[PDB]
Amino acid sequence: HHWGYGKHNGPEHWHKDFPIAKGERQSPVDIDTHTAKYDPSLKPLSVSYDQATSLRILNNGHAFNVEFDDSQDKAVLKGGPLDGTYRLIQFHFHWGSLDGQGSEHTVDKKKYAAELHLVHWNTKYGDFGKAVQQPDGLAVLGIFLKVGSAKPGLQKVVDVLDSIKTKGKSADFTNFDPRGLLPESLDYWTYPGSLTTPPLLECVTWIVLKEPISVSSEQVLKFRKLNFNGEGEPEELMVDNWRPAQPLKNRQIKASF
Ligand SMILES: Cc1onc(-c2ccccc2)c1-c1ccc(S(N)(=O)=O)cc1
Ligand SMILES: [Zn+2]
């Protein structure tokens, strides 16, 4: 009986195996834009993905991860609320069964069709394993997806999904440039949070971009063709793999603009 997004193993059940699920800095959260405050102490955000080198794409039974070689300081996130350098290790998405839901973070309670998470670990800790034992070990850049015009930079990802339909399947995925998934503006909201899936570790500095990227209905429809199940098992479409907004508790969301 492993965790998932169903009625008997979904978000409302996670706290039993992962008590931190009811912690003091859980993610995602609703971003109340009127309550968020501009923070002048924030330095310019730096997203340097020019030397990013992807290696593989994997269906882990919850979502699919595009993995990067993080053995060297190449694709890095710096500036903004961050102290030091954070290295990109992988990115994935959360999406819904319908266009009106799918994102984890919400803006004034509005849910987007999906949400992209670019995961980075603080290099001062040597490896991501050690990083997830630190309150500032991770930085996740979140980007909302709305349905409209297609995102050319996303097509390569969409076209390989047929090769990793079921849980456990992986496929070579080299030379993918994540720069093609970034909106024009880097305006963002930031707050201290957690991983949004078990283990739900509270080691993440969240940086959520205000400007969503547009993807086509056809592109997201292909996301919805993936399976939560492994090969040879009854088909359970990989949809609504998002955790709902959690209590803000003693936290303040800061705006870069
Ligand atoms: C599950 C899991 O197992 N390991 C990780 C992980 C991997 C690399 C760095 C940090 C966490 C994760 C993981 C869990 C949640 C997220 S999220 N949705 O970006 O908060 C991202 C990664
Ligand atoms: Zn995520």
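Throughout, chain A uses the PDB entry numbering, with the displayed residues spanning 3-125, 127-260 in order. Order of appearance sets the numbers: ligands from 1, and atoms from 1 within every ligand. Only heavy atoms go into these numbers, but all of them, side chains included; no hydrogens, no water, no symmetry mates.
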Asks: Which drug does the model show at ligand 1?
Replies: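 It's recorded as valdecoxib.
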Asks: Tell me which chain touches valdecoxib (ligand 1) most, using the name in UniProt.
Replies: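 With more contacts than any other chain, that's Carbonic anhydrase 2.
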Asks: Mind pulling out the residues near valdecoxib (ligand 1)? I'm using a 4.0 Å cut-off on non-hydrogen atoms.
Replies: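 Non-hydrogen contacts come from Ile91, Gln92, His94, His96, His119, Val121, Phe131, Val135, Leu141, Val143, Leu198, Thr199, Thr200, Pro201, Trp209.
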Asks: Find the residue among the UniProt active-site annotations of chain A nearest to valdecoxib (ligand 1); state the heavy-atom distance to the nearest 1 Å.
Replies: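 Closest UniProt active-site residue (heavy-atom distance): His64, 6 Å.
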Asks: Considering only the protein, which heavy-atom contact is closest to atom 19 (O) of valdecoxib (ligand 1), and what is its distance?
Replies: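 Result: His94 CE1, 3.1 Å.
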Asks: I'm looking at valdecoxib (ligand 1) in this structure - which UniProt domain of chain A has most of the contacts?
Replies: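 For valdecoxib (ligand 1), the UniProt domain is Alpha-carbonic anhydrase.
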Asks: Could you find the nearest protein heavy atom to atom 12 (C) of valdecoxib (ligand 1) and give me its residue, atom name and distance?
Replies: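 Closest protein heavy atom to atom 12 (C) of valdecoxib (ligand 1): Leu198 CD1, 4.5 Å.
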Asks: Give the numbers and elements of all valdecoxib (ligand 1) atoms closer than 4.0 Å to a heavy atom of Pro201.
Replies: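 So the atoms of valdecoxib (ligand 1) that pass are 1 (C).
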Asks: I need the atoms of valdecoxib (ligand 1) closer than 4.0 Å to a non-hydrogen atom of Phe131, numbered in the order shown.
Replies: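 Counting atoms of valdecoxib (ligand 1) from 1, those under 4.0 Å from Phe131 are 8 (C), 9 (C).
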Asks: Taking a heavy-atom cut-off of 4.0 Å, which of the residues UniProt lists as substrate-binding in chain A lie that close to valdecoxib (ligand 1)?
Replies: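 Short answer: the UniProt residues with a heavy atom that close are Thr199, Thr200.
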Asks: Please list, in number order, the atoms of valdecoxib (ligand 1) under 4.0 Å from a heavy atom of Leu141.
Replies: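 Contacts of valdecoxib (ligand 1) toward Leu141, numbered from 1: 10 (C).
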Asks: Test your reading of the structure: does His96 have an N or O sitting under 3.5 Å from an N or O of valdecoxib (ligand 1)?
Replies: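 Yes: some nitrogen or oxygen of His96 is under 3.5 Å from one in valdecoxib (ligand 1).
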Asks: Looking only at distances, can you tell me whether any N or O atom of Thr200, backbone or side chain, sits closer than 3.5 Å to an N or O atom of valdecoxib (ligand 1)?
Replies: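 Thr200 vs valdecoxib (ligand 1): no N/O contact under 3.5 Å.
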Asks: From atom 15 (C) of valdecoxib (ligand 1), is the closest protein heavy-atom distance below 4.0 Å?
Replies: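 There is a protein heavy atom less than 4.0 Å from atom 15 (C) of valdecoxib (ligand 1).
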Asks: Return the residue, atom name and 0.1 Å-rounded distance of the protein heavy atom closest to atom 22 (C) of valdecoxib (ligand 1).
Replies: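 Checked against all protein heavy atoms, atom 22 (C) of valdecoxib (ligand 1) sits closest to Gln92 NE2, 4.0 Å.
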Asks: Looking only at distances, please establish whether an N/O atom of valdecoxib (ligand 1) is found under 3.5 Å from an N/O atom of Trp209.
Replies: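 No; the residue has no nitrogen or oxygen that sits under 3.5 Å from a nitrogen or oxygen of the ligand.
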Asks: Which UniProt-listed Zn(2+)-binding residues of chain A does valdecoxib (ligand 1) come within less than 4.0 Å of, going by heavy atoms?
Replies: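 In chain A, UniProt binders with a non-hydrogen atom that close: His94, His96, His119.
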Asks: Listing by number and name, what other ligands and ions are under 4.0 Å from valdecoxib (ligand 1)?
Replies: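 Within the cut-off sit ligand 2 (zinc ion).
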Asks: Which heavy atom of the protein is the closest neighbour of atom 18 (N) of valdecoxib (ligand 1), given with residue, atom name and distance?
Replies: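 For atom 18 (N) of valdecoxib (ligand 1), the nearest protein heavy atom is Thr199 OG1, 2.7 Å.
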Asks: Below 4.0 angstrom, counting only protein heavy atoms, does anything approach atom 4 (N) of valdecoxib (ligand 1)?
Replies: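 Under 4.0 Å from atom 4 (N) of valdecoxib (ligand 1), zero protein heavy atoms found.
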Asks: In a simple table, one pair per line, please give the protein and valdecoxib (ligand 1) atom names for every N or O pair closer than 3.5 Å, along with the distance.
Replies:
| residue | atom | partner | partner atom | Å |
| --- | --- | --- | --- | --- |
| valdecoxib (ligand 1) | 18 (N) | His94 | NE2 | 3.3 |
| valdecoxib (ligand 1) | 18 (N) | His96 | NE2 | 3.2 |
| valdecoxib (ligand 1) | 18 (N) | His119 | ND1 | 3.4 |
| valdecoxib (ligand 1) | 18 (N) | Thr199 | OG1 | 2.7 |
| valdecoxib (ligand 1) | 19 (O) | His94 | NE2 | 3.4 |
| valdecoxib (ligand 1) | 19 (O) | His119 | ND1 | 3.4 |
| valdecoxib (ligand 1) | 20 (O) | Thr199 | N | 2.8 |

